[PDB]
Participant: 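Here is a complex structure; among its components: darifenacin.
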2 protein chains.
Amino acid sequence: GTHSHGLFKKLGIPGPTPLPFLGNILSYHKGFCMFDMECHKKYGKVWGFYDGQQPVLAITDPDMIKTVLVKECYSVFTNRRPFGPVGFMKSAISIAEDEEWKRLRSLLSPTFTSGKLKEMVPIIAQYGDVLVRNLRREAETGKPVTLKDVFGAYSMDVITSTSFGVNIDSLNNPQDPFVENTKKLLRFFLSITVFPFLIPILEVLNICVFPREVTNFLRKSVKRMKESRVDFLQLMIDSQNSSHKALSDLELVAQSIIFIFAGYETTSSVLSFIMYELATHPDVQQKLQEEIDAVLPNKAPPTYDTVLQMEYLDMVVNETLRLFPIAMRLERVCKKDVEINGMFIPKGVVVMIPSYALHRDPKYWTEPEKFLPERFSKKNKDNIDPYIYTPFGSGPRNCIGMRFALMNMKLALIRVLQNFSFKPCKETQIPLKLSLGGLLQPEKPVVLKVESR
Amino acid sequence: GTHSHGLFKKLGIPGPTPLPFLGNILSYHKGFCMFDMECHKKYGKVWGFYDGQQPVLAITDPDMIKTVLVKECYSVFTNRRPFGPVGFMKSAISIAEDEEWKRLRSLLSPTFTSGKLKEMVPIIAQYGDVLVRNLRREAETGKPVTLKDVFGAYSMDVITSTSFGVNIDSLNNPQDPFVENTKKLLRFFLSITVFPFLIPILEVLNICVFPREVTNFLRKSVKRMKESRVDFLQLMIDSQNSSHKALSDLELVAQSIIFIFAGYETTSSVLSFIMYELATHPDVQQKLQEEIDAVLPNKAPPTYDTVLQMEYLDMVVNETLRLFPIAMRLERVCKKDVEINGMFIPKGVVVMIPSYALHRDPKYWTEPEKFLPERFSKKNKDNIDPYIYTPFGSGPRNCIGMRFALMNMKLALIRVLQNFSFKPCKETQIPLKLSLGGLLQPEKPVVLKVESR
Ligand code: HEM
Ligand code: HEM
Ligand SMILES: NC(=O)C(c1ccccc1)(c1ccccc1)[C@@H]1CCN(CCc2ccc3c(c2)CCO3)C1
Ligand SMILES: NC(=O)C(c1ccccc1)(c1ccccc1)[C@@H]1CCN(CCc2ccc3c(c2)CCO3)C1
């Protein structure tokens, strides 16, 4: 089981010696992030390891990262590593490959523009009101608040409503049909990465890592609203009634599902990360709350243009994403033999960009382990390399919902800080530790005290 | 197990209704050829069926065949369907895909030219002398001759000698090390086509459909002759010491092995097919023997330029290949969604050209089941469509050893007909029947009487 296990030794590329069949997966016992920082420290700018028999080439040179993510995206590095068994979710944009992804990116792009986001803000604002009343409830109880529930309820509230046009107080309504389905769906893989040779077997088995009932539920659910108002689902329906063939009925369901996966636990974790940093830095929480009340006096409701007016809110969000890039890694499959910036890359290799390691690299960040929003001040922001700081990826296949995610979090933070201050309690994990999973998340959930202003 | 089994029903393309998981493979019980002729008769110009869950789209329009084989070869239809587990034989030109095949086709092309073939004829001639003395031995015994042994011994003689630079009277020397290895190698697949989802499993199993000892044998065997004369092996070594990277040591072994597979049973079967047609048509055998003795009086030895002088020999060979195209089918994988000659072809579909069916189509061939070499006379040959008659494929990925194969067979036929006449005996399968396997071969071996002129 050492096929390809001599690839990096042949290329002269350093890296940890793999074991037969397993590759270097045993080193993942301390997590992706610790493994990336160690390899970066041990082997320098480039190194290779094996997910089972799959060679993975890590790169850290920003010139080389730009070549992979931007310049050679369409011709060489178009796709992420295969993920399955997907079934009909093969039509999702994040799973699609080559021309099929290229077409999906074109049809969905006008839906994620600045203009469309401003027309969705009044919807996001309503769920912000739900977040505040769900928070002040647990605030009544002096007993501390585990944020992942009230924030996860908010994160799922917005993302499924926008993606499917429904309305739910998901916390106070565990009964709505569009809730229980989305709940078991968002509960989420191993040997599919270590042993990806089984995926074709798993596919023909009719196996779907997505539950079979939820997918059949959402399909008939979207067909319900065909018989008919500014949401992801609605903006995609308008794209059908328009070059590329329009989004099919099944493709449309695939995109709405993939938006919930890319948006639920991602937003919920960053919101818990942000509030942990604001609780352990009262001055930053004070300076932020003072900015919100200046832009929005008398607890004025937030709007699209006022959110972009809050520079310190943008600095706090960006600095949290540097410390906690929940994707941890960016990956591209080398579709054909190429040489970039004076280095040969063999066809089939997975090229990985260790975002977590690069975000905490002392060579680019003074005291990289400290939460310091002034790194993103208008003075100091010009020194940050866009290919070192990559919380939303980069190039033509970056996070297409990036603008929305930032708006959605900022809108939640404004509505929460306008009403509450946040302090740590005796059970808050200080220092916070990271869980060893496929998304960067706090090891133990963030528990904080929530006082009412 | 009906994924993709609704593809042709959706496209409106006719074809036999598949069974779950199996597809249409049960219809293969009477062979590829009978199944292709029936579908052609039943459904007309185009139809689709399923090798398991693999959609196969059959086309018969010569304009559309030209588009697939020639015009859209490099951009859409570059590859045959996957074949494995191959191991290091992935570097063989017939197995290689996309740019890797494109490079191999360039490096090997100058080796299969008209000029190089003329320099190999003196080597092929020697094994022709071995064929005659091996034939006159069984001719001494009035007992009939099973041709597949004396011809198979000749076919393996030439193809392995040219591909590896050795010399063997393989019939009279079952002791030479380069014989027993080539023998067990040439003895040769099922669910790899019906259930190709297992190939990745079989690969990581370290399974090699090629025996593990023979491959390790030939590698050290080629390295023996590195320490050093007009053969395939020698012409490839000269290509290394020369744009594309040169043939590696392992790639060179892969090509020499793939030449033996493409050349042994193919040549041996056509030679048995040809001699069956000459035995059951004494006038054609007479007219051919009269041509050989006019071009080559006094049983003169054949040369390169005299072989191309024998038009009737070329007509007999070509007419045998129409009746018996041992590949039976040409196949290309549609690498991306395309429309050709007003018909949509989905990505991933296997496009198949039913050569056997087209060669016996009454719409192009008057009495297509009769052996009639005059179809290829200088008068009548202009009416034959090169995309209907495709015994060696067509386009940039056709049989690269085509010129050699025709020369090798013609040289054997000249040397055999100069000495012997061939008549059927009471055990000759008349009418000959075809075996139901992956290569077109006589059901029962051809047994004939061999008189000495
Ligand atoms: C804090 C929130 C989020 C973070 C940190 C995040 C991060 C990322 C990252 C790193 C990628 C891969 C980029 C690359 O490989 O270059 C990605 C892809 C993607 N994200 Fe986000 N994401 C967030 C929220 C969202 C939301 C709310 C949506 C809503 C639609 C979304 C939709 C997508 C999609 C569709 C892709 C795949 C794009 C493609 O393959 O073309 N994400 N995300
Ligand atoms: C009567 C003898 C032969 C017949 C009928 C025959 C037939 C064929 C056919 C139909 C193909 C596929 C063409 C296509 O898909 O368009 C092929 C491919 C090939 N043949 Fe032959 N063949 C014969 C002898 C030989 C010999 C003696 C060699 C010696 C090297 C050879 C080497 C090859 C190779 C390397 C390929 C693969 C070409 C590629 O994939 O680029 N063949 N053959
Ligand atoms: N299509 C894909 O490969 C996925 C994807 C990966 C990175 C960015 C976007 C999308 C995906 C599959 C299915 C559902 C959601 C996401 C991969 C396949 C396995 N990995 C597991 C979980 C995951 C990892 C990173 C991450 C996200 C999810 C969202 C943004 O980053 C997600
Ligand atoms: N590379 C390939 O796909 C092969 C190939 C197929 C058609 C033309 C050329 C090559 C091959 C694989 C391994 C060894 C020899 C040939 C295929 C894979 C399975 N099929 C089985 C036997 C076979 C079928 C048709 C035929 C030949 C061999 C030689 C010319 O036609 C051969």
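Going down the sequence lines, the chains are called A, B, C, and so on. Using the numbering of the PDB entry, the residues shown for chain A are 26-213, 220-259, 268-281, 286-496, in order. Since chain B takes its numbers from the PDB entry, the residues it shows come out as 26-213, 220-259, 268-281, 286-496. Determined by X-ray crystallography, 2.2 Å, according to the entry header. Counting starts at 1 for both ligands and their atoms, following the listed order. Basis for what follows: all heavy atoms, side chains included, without hydrogens, waters or symmetry-related copies.
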Participant: Could you point out every ligand or chain corresponding to darifenacin?
Facilitator: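 All copies: ligands 3 and 4.
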Participant: Just trying to sort out this structure - which chain has the greatest number of contacts to darifenacin (ligand 4), name per the PDB entry?
Facilitator: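 Greatest contact count: Cytochrome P450 3A4.
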Participant: Please list, by chain letter, the other chains with any heavy atom under 4.0 Å from darifenacin (ligand 4).
Facilitator: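 Chains with a heavy atom that near darifenacin (ligand 4): B.
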Participant: Establish whether atom 20 (N) of darifenacin (ligand 4) and some protein heavy atom are separated by less than 4.0 angstrom.
Facilitator: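 Given the 4.0 Å limit, the answer for atom 20 (N) of darifenacin (ligand 4) is no, no protein heavy atom qualifies.
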Participant: Return the closest protein heavy atom for atom 24 (C) of darifenacin (ligand 4) as residue, atom name and distance.
Facilitator: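 So the nearest neighbour among protein heavy atoms is B:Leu482 CD2, 3.8 Å.
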Participant: Please report whether atom 17 (C) of darifenacin (ligand 4) has a protein non-hydrogen atom at a separation of less than 4.0 Å.
Facilitator: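 No, there is no protein heavy atom closer to it than 4.0 Å.
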Participant: For B:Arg105, is at least one N or O under 3.5 Å away from an N or O on darifenacin (ligand 4)?
Facilitator: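 No, there is no polar N/O contact under 3.5 Å.
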Participant: In the PDB record, where does chain B come from, organism-wise?
Facilitator: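 According to the deposit, it's Homo sapiens.
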Participant: For atom 2 (C) of darifenacin (ligand 4), find the nearest protein heavy atom and state the residue, atom name and distance (0.1 Å precision).
Facilitator: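 Minimum-distance protein heavy atom for atom 2 (C) of darifenacin (ligand 4) reads B:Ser119 O, 3.8 Å.
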Participant: Scan the protein's non-hydrogen atoms and note whether one is under 4.0 Å from atom 32 (C) of darifenacin (ligand 4).
Facilitator: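 No.
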